[PDB]
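Structure, as structure tokens:
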Amino acid sequence: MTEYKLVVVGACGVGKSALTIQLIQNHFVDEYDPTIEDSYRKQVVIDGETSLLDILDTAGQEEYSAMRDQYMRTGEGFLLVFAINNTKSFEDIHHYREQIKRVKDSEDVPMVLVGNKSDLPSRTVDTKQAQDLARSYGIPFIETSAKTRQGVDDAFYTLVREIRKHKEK
Ligand SMILES: *C[C@H](F)C(=O)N1CCN(c2nc(OC[C@@H]3CCCN3C)nc3c2CCN(c2cccc4cccc(Cl)c24)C3)C[C@@H]1CC#N
Ligand SMILES: Nc1nc2c(ncn2[C@@H]2O[C@H](COP(=O)(O)OP(=O)(O)O)[C@@H](O)[C@H]2O)c(=O)[nH]1
Ligand SMILES: [Mg+2]
């Protein structure tokens, strides 16, 4: 049975954990320890294809040990998450993009740009600017709310499709 290793990255507080739990369990967790990094597994049906998602919810600390690279390098695809009400989280996307390129040693890594917290009326990041960034990278852009589940299937299933597309090549 097919296993896809997904990795969720992005600034503290963007909603990595809430997005992951929303995908795996179908509810919103508004308080999950910000330091806690863990893998979540779920059997899914995408485009009629049965598979196992193994999703790393990144946290811990910013460090570049051999061991941290090895672990991130096992990811087949990455969700680059920012929050639509946090400009800095949006600017930080380039950092994560660059680290993924470095550890996979490739310009062609399956990635999806995720603008989370789409339910909030305190937007600081233009959807236009977001789309232009995803376009500059050659990757899909999905607006999400972990709170309302808006876009959550779309974000994870899109990334699986990007991985399948990479695995065919
Ligand atoms: C809030 C909670 F602690 C959290 O989610 N964290 C802490 C930060 N951490 C992290 N942070 C950065 O950068 C943070 C800012 C942005 C620009 C540079 N700094 C100032 N970068 C990373 C990580 C986790 C470890 N990451 C890493 C390390 C080696 C290889 C590699 C390969 C691909 C992708 C990554 Cl993220 C890699 C770099 C983690 C987490 C925030 C997240 N995600
Ligand atoms: N309104 C709203 N709040 C969210 C959403 N996703 C996460 N949050 C909140 O944002 C904060 C950080 O979420 P968390 O999942 O811990 O972020 P992480 O550090 O990237 O794991 C918490 O207070 C969450 O309740 C969302 O889609 N909408
Ligand atoms: Mg978290």
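Positions are given from 1 along the sequence. Order of appearance sets the numbers: ligands from 1, and atoms from 1 within every ligand. Hydrogens, waters and symmetry mates are skipped; everything else that's a heavy atom, side chains included, is used.
- Drug at ligand 1: MRTX-849 (bound form).
- Contact analysis gives the chain with most pairs under 4.5 Å to MRTX-849 (bound form) as the one the PDB entry calls GTPase KRas.
- Heavy atoms under 4.0 Å from MRTX-849 (bound form) belong to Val9, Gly10, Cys12, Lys16, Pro34, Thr58, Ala59, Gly60, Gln61, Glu62, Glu63, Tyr64, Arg68, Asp69, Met72, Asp92, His95, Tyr96, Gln99, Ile100, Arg102, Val103.
- Listed by number with element, the atoms of MRTX-849 (bound form) under 4.0 Å from a non-hydrogen atom of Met72 are 30 (C), 31 (C), 32 (C), 33 (C), 34 (C), 35 (C), 36 (Cl), 37 (C).
- Lab note: covalent bond from MRTX-849 (bound form) to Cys12 SG.
- Within MRTX-849 (bound form), counting atoms from 1 as listed, the ones closer than 4.0 Å to a heavy atom of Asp92 are 16 (C).
- For MRTX-849 (bound form), the atoms lying closer than 4.0 Å to a non-hydrogen atom of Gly60 are 3 (F), 6 (N), 7 (C).
- Close contacts of MRTX-849 (bound form) with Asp69, meaning ligand atoms under 4.0 Å from a residue heavy atom, involve 29 (C), 30 (C).
- Every N/O-N/O distance between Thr35 and MRTX-849 (bound form) stays at or above 3.5 Å.
- Of all atoms in MRTX-849 (bound form), listed by their number and element, those nearer than 4.0 Å to a heavy atom of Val9 are 36 (Cl), 43 (N).
- Residue-ligand proximity, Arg102 to MRTX-849 (bound form), at heavy-atom distances under 4.0 Å covers atoms 29 (C), 30 (C).
- Every N/O-N/O distance between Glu63 and MRTX-849 (bound form) stays at or above 3.5 Å.
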